[PDB]
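Some notes on the structure that comes next.
We're sticking with the PDB entry numbering for chain A, so the shown stretch reads 1-125, 127-261, in order. Start at 1 and go down the list; that is how both ligands and their atoms are numbered. Heavy-atom basis, side chains included; hydrogens, waters and symmetry copies ignored. Heads up, header says this was done by X-ray crystallography, 1.0 Å.
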Amino acid sequence: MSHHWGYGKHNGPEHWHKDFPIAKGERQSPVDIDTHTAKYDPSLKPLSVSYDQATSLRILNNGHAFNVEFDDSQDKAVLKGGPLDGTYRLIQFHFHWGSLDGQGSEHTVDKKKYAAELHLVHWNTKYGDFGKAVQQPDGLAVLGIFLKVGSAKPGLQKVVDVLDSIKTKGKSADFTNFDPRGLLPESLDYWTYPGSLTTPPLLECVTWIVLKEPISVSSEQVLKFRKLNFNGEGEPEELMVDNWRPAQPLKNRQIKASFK
Ligand SMILES: NC(N)=NC1=[SH]CC(CSCC/C(N)=N/S(N)(=O)=O)=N1
Ligand SMILES: [Zn+2]
């Protein structure tokens, strides 16, 4: 029980396959996005991001990241279009980030690593609930957005300022009326490919949609991410940093671009 997966030397990504053999599967994520090789697919549609009726509820430190959770019991905040067939409901978002500004993203672009990566996780409403959706090859759609360090992202600050209250694993806080539209870049140009969850159980249920344009966050904003703890309250401090899985083999997949 006590030797659980994580991001350390003894329980990190190179160990995950022992408990989760799908870690060596045929459609694992993340991947490197080779820009010159990705092919423009003129049949891909614009993404439809409809977040105006989003109902955020709570923010949780789960010991690996923090999740901002949404009410997904109705079609409030939904992702449609692009490569997707049907309607995908937003359930949560979270980030992956580094100990230094030169690492932290899960996807890479021509081997470049960004400081962090935002994942907005959505599930296909034809499967009725999230737990059923993760058992399907087209069950989830994760919208990935890169973060670089530069100017502050004003729409991120409300997240940053609540992190002191969920420092340690298992802590949560009310987090209502947060508008995830404030985390998007200007352009919705994207790459897409079939992949997996990037944490155990690593299920091969995700249509990945990775935006081309990064958002900028300030050094102070990402420094606050790095003050979070992997540990629970009253345990030795382990800073929550480098909670990213490295790029996995592309195998028999093609990455498609929505743009020329
Ligand atoms: N609840 C339920 N029935 N199953 C599962 S499997 C993983 C999980 C937690 S959310 C799925 C993990 C995730 N979003 N990975 S990522 N980094 O976005 O690719 N719940
Ligand atoms: Zn993620």
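The molecule at ligand 1 is the drug named famotidine. Here the macromolecule with the greatest number of atom pairs within 4.5 Å of famotidine (ligand 1) is listed in the PDB entry as Carbonic anhydrase 2. At a 4.0 Å heavy-atom cut-off, famotidine (ligand 1) touches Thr199 through backbone and side chain alike.
At least one heavy atom of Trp209 sits less than 4.0 Å from an atom of famotidine (ligand 1).
Less than 4.0 angstrom separates some heavy atom of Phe131 from each of these atoms of famotidine (ligand 1): 1 (N), 2 (C), 4 (N), 5 (C), 10 (S), 11 (C), 20 (N). Each of the atoms 14 (N), 18 (O) of famotidine (ligand 1) lies under 4.0 Å from some heavy atom of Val121. Using 4.0 Å as the cut-off, the other ligands and ions found near famotidine (ligand 1) are ligand 2 (zinc ion).
Of the residues that UniProt lists as binding substrate in chain A, those with a heavy atom under 4.0 Å from famotidine (ligand 1) are: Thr199, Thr200. Famotidine (ligand 1) lies within reach of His96, whose nearest heavy atom is under 4.0 Å from it. With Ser29, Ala134, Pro202 as candidates, the residue nearest to atom 6 (S) of famotidine (ligand 1) on a non-hydrogen basis is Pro202. Using a 4.0 Å cut-off to heavy atoms of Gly132, the atoms of famotidine (ligand 1) that qualify are 3 (N). When chain A is restricted to the residues UniProt lists for Zn(2+) binding, the ones with a heavy atom within 4.0 Å of famotidine (ligand 1) turn out to be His94, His96, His119. Most of the residues of chain A within contact distance of famotidine (ligand 1) belong to the UniProt domain Alpha-carbonic anhydrase. Using a 4.0 Å cut-off to heavy atoms of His119, the atoms of famotidine (ligand 1) that qualify are 17 (N), 18 (O). Counting heavy atoms under 4.0 Å, the binding site of famotidine (ligand 1) comprises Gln92, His94, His96, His119, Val121, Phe131, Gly132, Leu198, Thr199, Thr200, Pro202, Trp209.
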